[PDB]
J.: 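Here is a structure with PF-06463922.
As listed: the chains are lettered in turn, A, B, ..., one for each sequence line. The numbering of chain A matches the PDB entry: 1934-2111, 2120-2229, in order. Chain B is numbered as in the PDB entry; shown residues: 1934-2111, 2120-2229, in order. Excluded from the calculations below are hydrogen atoms, water molecules and symmetry mates; all remaining heavy atoms, backbone and side chain alike, are included. For ligands, and for the atoms within them, numbers begin at 1 and follow the listed sequence.
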There are 2 protein chains.
Amino acid sequence: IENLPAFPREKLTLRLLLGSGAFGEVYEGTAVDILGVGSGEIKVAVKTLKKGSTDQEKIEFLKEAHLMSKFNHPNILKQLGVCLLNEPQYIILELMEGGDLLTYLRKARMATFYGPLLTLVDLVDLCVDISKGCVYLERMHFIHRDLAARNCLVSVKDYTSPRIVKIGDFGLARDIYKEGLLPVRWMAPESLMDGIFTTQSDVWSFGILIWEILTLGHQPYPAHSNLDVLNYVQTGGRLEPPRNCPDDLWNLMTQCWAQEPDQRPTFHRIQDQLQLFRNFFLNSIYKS
Amino acid sequence: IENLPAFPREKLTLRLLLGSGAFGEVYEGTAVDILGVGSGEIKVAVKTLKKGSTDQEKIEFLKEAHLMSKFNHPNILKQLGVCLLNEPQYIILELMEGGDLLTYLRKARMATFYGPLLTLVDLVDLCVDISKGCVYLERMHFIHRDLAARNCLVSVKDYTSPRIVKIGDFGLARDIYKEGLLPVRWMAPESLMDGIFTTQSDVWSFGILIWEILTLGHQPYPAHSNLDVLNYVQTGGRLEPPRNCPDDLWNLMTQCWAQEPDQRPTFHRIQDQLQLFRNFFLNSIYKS
Ligand SMILES: C[C@H]1Oc2cc(cnc2N)-c2c(nn(C)c2C#N)CN(C)C(=O)c2ccc(F)cc21
Ligand SMILES: C[C@H]1Oc2cc(cnc2N)-c2c(nn(C)c2C#N)CN(C)C(=O)c2ccc(F)cc21
């Protein structure tokens, strides 16, 4: 019997507004003893469901909350509690003070032209993090269907402390134990043409994700309007390689965008390739 | 009664050779219970005094050991023990697995042209570290007289874990409570011309040090032979600013190389300026 973690609305204080997500509104706040009796006023994020909103939207809201209760993995955003008896509904998430990956990446590049505040090893660690999360989703028979940096989160705001990224928005995730959409730049050709979604289209999008990471948050297909994108892609056109991107990481990405879905790597292999490259590169610098 | 920390030569095992420093030989090894009874086989570095070497050199060796016993500060290399009853003499230092700052800087720049493995904030933290060490030496009435990246050490080999640099070679340090030399590129004009050394010539050299940090270990005055350097400097010539070096840090460096020794900043002000710039820059990125 699946149970969402009920949490006393009284012990929750909404302090900062972080943005307007969904329908829709997210706040930083504090929640007493979320982590237990020896917790304190630990900071949290709060996802809210607007009052009076569609009965259908409330269901999507509840769907999300259920997906996140089900998941338990270091690279998957934690849902710490819910407030569902009173409106507005609250989904209480662990606070990721670095905000969304995309923003965290772009601040890193734009902070000083002395150089990015994230290095190649930093970026490889981000990729390794998200890929573990993908391994996990696959093992749980879930397809995320919207893998992109805007949908991941970073645990710290600064660029010096140890950091972790997590997948953090499962509004489109689907169980696959057996008229909307938008993000054309992340979608596999099968998905755009035939409306088909699989773990292998997730692999296409992870390819785009790690491209986003390696460019520090550039827009895919910068010279193409949304409309031209599907032309471009459907052709056989692919993104340009990031400036000075390691050949190993380009070959991985490239294979993620195999036209033929069964010619793409698996998530396990993708994580292997990422860990393999990291060790190679670490070893490489020390022997210098 | 000044006492060097005597340590049982038996509990020491010389494993790796790290290089040949002084007269002269340094090893990585392990030393049982250096940190106390609950220590274990903790890794150390070992500075050795060659057998049969000059009676005078042994004195310089002993001088160093005494200087380092006297000092206790987070940014000054720890001397953990000595082996002075038997030859070869051993000075047992905490291991700084990043090696010397200069090498650590150059590996950072040469590891991938995707970008340096040290960012501006990393480098500013290095400068802040060494400047605290300089504040301390001054407060102890000591002049180091050879401040340079080759003479500092980094606590870790990788470029991700928290790191600290320390001043680590006091072969030339002098107490100032009241025919050798070489490093012309680090020496104040008074020092080269008149053989004069003060805390203010130390400030000149720290200027050069932080230049070394900000260029990731480039040689000062690259277009000048050692001979031409004193001409160049004695004129009024100064180093070029590092590529994309923050204006605040250029103004600091520049002032460290004031022709007139009393027109140079103090170490306290230098540390203030460094901490002030760091906060400004951190604040700067977040509000972006
Ligand atoms: C549901 C929401 O959750 C969080 C948001 C933040 C931190 N931690 C969590 N859990 C956050 C953001 N920006 N900033 C400055 C902070 C902070 N601190 C991003 N944001 C406004 C979002 O709406 C968003 C975006 C993507 C995603 F996957 C979840 C979320
Ligand atoms: C006296 C010596 O001490 C140490 C050396 C090292 C680490 N920790 C300590 N204490 C070290 C070095 N390289 N590498 C790879 C390691 C390691 N691990 C540098 N080196 C060979 C030096 O001789 C040297 C240079 C400058 C300085 F200030 C002290 C020293």
J.: What's the chief chain around PF-06463922 (ligand 1) in this model, going by UniProt?
T.: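 It has the most contacts with Proto-oncogene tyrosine-protein kinase ROS.
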J.: I'm curious which other chains sit close to PF-06463922 (ligand 1), say any heavy atom under 4.0 Å. Can you tell me?
T.: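 Based on heavy atoms, that gives A.
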J.: Counting heavy atoms only, name the option from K1980(A), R2083(A), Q2012(A) that's nearest to atom 26 (C) of PF-06463922 (ligand 1).
T.: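 Looking at heavy atoms only, the winner is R2083(A).
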J.: Is there a covalent bond from PF-06463922 (ligand 1) in this model? If yes, I'd love the residue and atom.
T.: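 In this entry no covalent bond is modeled.
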J.: Could you tell me which UniProt domain of chain A does most of the contacting with PF-06463922 (ligand 1)?
T.: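 UniProt calls that domain Protein kinase.
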J.: Can you tell which part of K2090(A) has a heavy atom less than 4.0 Å from PF-06463922 (ligand 1): side chain, backbone, both or neither?
T.: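 Looking at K2090(A) and PF-06463922 (ligand 1), no heavy atom falls under 4.0 Å.
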J.: Report, in ascending order of atom number, the atoms of PF-06463922 (ligand 1) lying under 4.0 Å from any heavy atom of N2084(A).
T.: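 So the atoms of PF-06463922 (ligand 1) that pass are 28 (F).
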J.: State the atoms of PF-06463922 (ligand 1), each with its element, that fall below the 4.0 Å cut-off from a heavy-atom position in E2030(A).
T.: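 This gives 18 (N) as the contact atoms.
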J.: Heavy-atom distances under 4.0 Å decide this one: backbone, side chain, both or neither, for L1951(A) against PF-06463922 (ligand 1)?
T.: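 Both the backbone and the side chain of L1951(A) come within reach of PF-06463922 (ligand 1).
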J.: Return the closest protein heavy atom for atom 24 (C) of PF-06463922 (ligand 1) as residue, atom name and distance.
T.: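 Protein heavy atom with the smallest distance to atom 24 (C) of PF-06463922 (ligand 1): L2086(A) CD2, 4.3 Å.
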J.: Hey, quick one: which of the residues UniProt lists as binding ATP in chain A get a heavy atom under 4.0 Å from PF-06463922 (ligand 1)?
T.: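 From UniProt's list, the heavy-atom cut-off leaves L1951(A), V1959(A).
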J.: Please provide the UniProt active-site residue in chain A nearest to PF-06463922 (ligand 1) and the shortest heavy-atom distance, rounded to 1 Å.
T.: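 Going by UniProt active-site residues and heavy atoms, it's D2079(A), 9 Å.
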J.: Tell me which other ligands or ions sit closer than 4.0 Å to PF-06463922 (ligand 1).
T.: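 Near PF-06463922 (ligand 1): nothing else.
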J.: Can you list, by chain and number, the residues with heavy atoms within 4.0 Å of PF-06463922 (ligand 1)?
T.: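 By heavy-atom distance, those residues are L1951(A), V1959(A), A1978(A), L2010(A), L2026(A), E2027(A), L2028(A), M2029(A), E2030(A), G2032(A), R2083(A), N2084(A), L2086(A), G2101(A), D2102(A).
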